[PDB]
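Tetracaine complexed to Beta-lactoglobulin, as determined in this entry.
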Number of protein chains: 2
Amino acid sequence: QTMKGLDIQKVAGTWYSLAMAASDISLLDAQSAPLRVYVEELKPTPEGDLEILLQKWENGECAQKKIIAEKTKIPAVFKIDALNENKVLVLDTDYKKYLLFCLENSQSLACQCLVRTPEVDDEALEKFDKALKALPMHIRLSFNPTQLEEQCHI
Amino acid sequence: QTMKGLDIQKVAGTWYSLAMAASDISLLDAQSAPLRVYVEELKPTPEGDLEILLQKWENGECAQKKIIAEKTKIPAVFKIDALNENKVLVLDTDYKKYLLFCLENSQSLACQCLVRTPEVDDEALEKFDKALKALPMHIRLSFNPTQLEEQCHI
Ligand SMILES: CCCCNc1ccc(C(=O)OCCN(C)C)cc1
Ligand SMILES: CCCCNc1ccc(C(=O)OCCN(C)C)cc1
């Protein structure tokens with residue numbers, strides 16, 4: 001599932017990680033689990049790369065991180081340069097309310113439901129759950145509006 | 001949601017904790033989270049109480065535990081004696097394949113999908129997810145057949 005006709009410039013700005021799901025419990029279990037990452041801001045570049053500002057709990061504190069996802073020939077697919085080739089996939093967005101994405105290796109998967117506002121969007125969560133229905137996810141987390149306004153959703 | 005016409009004697013024997021969900025991430029997050037409990041065996045007593053054999057990861061090892069849930073005037077509701085009054089609710093069972101239950105305080109909630117066999121029962125999981133749809137759950141875990149045959153689902 002990919003977003004046809006994605007305009008990456010229109011995903012700019014503030015986002016909340018309302019929900020997260022992953023193929024492996026260990027990817028999301030603890031506050032310090034590897035893919036327990038809280039999106040803050042998406043900053044698409046003029047050349048169409050994607051800078052991601054996020055928070056991650058590591059070494060007993062809520063740390064700031066900056067990821068750059070490089071564009072590919074497919075608008076809805078980005079690459080993160082590391083020891084491993086990992087793909088960022090944009091499944092679905094309306095730009096103004098929700099965005100669904102997955103991070104996949106070469107498989108392990110973590111996906112999130114991003115929303116624009118610190119509110120539980122049952123409709124976005126329905127799109128999120130329907131997107132994942134056939135994906136092999138074994139852990140799903142969702143956050144309340146109080147948590148969404150805290151550093152690392154504490 | 002309670003099981004009408006529950007015969008507690010018919011839930012005896014081997015069960016697998018195929019899936020678990022809870023109101024609070026912290027109840028299920030880590031292997032050592034309080035309600036990360038793996039059912040082994042249900043042993044109803046002649047007088048209609050329920051002994052539960054389970055495993056729980058505590059102090060760096062998979063520990064054996066025995067819980068007794070006392071019957072109430074409602075067949076599908078049991079009480080666990082502690083500092084807190086906690087209710088065990090039997091939502092649904094066919095005795096031969098699946099059983100859904102919740103543990104609730106006075107609220108925080110943890111629920112499980114129990115199955116008779118180390119197999120992913122998509123139908124039981126559908127009943128589980130439909131039962132929880134309006135419950136305020138923020139963490140959901142499910143286990144693969146390999147994990148289901150390991151002590152504490154490692
Ligand atoms: C619209 C796309 C949003 C993408 N958001 C994110 C993309 C990646 C990550 C992320 O945490 O990536 C780290 C994994 N690397 C090191 C392989 C977190 C959020
Ligand atoms: C058919 C009913 C099955 C009930 N199964 C279980 C019931 C209770 C627990 C359980 O872990 O209870 C501990 C909580 N106490 C100390 C308040 C675990 C499993």
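Just so it is clear: chains get the letters A, B, ... in the order the sequence lines come, proteins before strands, and each one is counted from 1. Technique stated in the header: X-ray crystallography, 1.8 Å. When reading the values below, keep in mind they use all heavy atoms of this one structure, side chains included, and skip hydrogens, waters and symmetry mates. Whatever order the structure lists them in is the order used to number ligands and atoms, beginning at 1.
- Counting only heavy atoms under 4.0 Å, the other chains near tetracaine (ligand 2) are B.
- Closest heavy-atom approach to atom 1 (C) of tetracaine (ligand 2) within the set B/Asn86, B/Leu99, B/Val11, B/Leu103: this belongs to B/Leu99.
- Interface atoms of tetracaine (ligand 2) facing B/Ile80, defined by a heavy-atom separation under 4.0 Å, are 8 (C), 12 (O), 15 (N).
- Only the side chain of B/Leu54 comes within 4.0 Å of tetracaine (ligand 2), counting heavy atoms alone; its backbone N, CA, C and O stay farther away.
- The PDB header gives the source organism of chain B as Bos taurus.
- By the criterion of a heavy-atom distance under 4.0 Å, neither the backbone nor the side chain of B/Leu35 is placed next to tetracaine (ligand 2).
- For tetracaine (ligand 2), the heavy-atom contacts closer than 4.0 Å come from B/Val37, B/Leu42, B/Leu50, B/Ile52, B/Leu54, B/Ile80, B/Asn86, B/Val88, B/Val90, B/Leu99, B/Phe101, B/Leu103.
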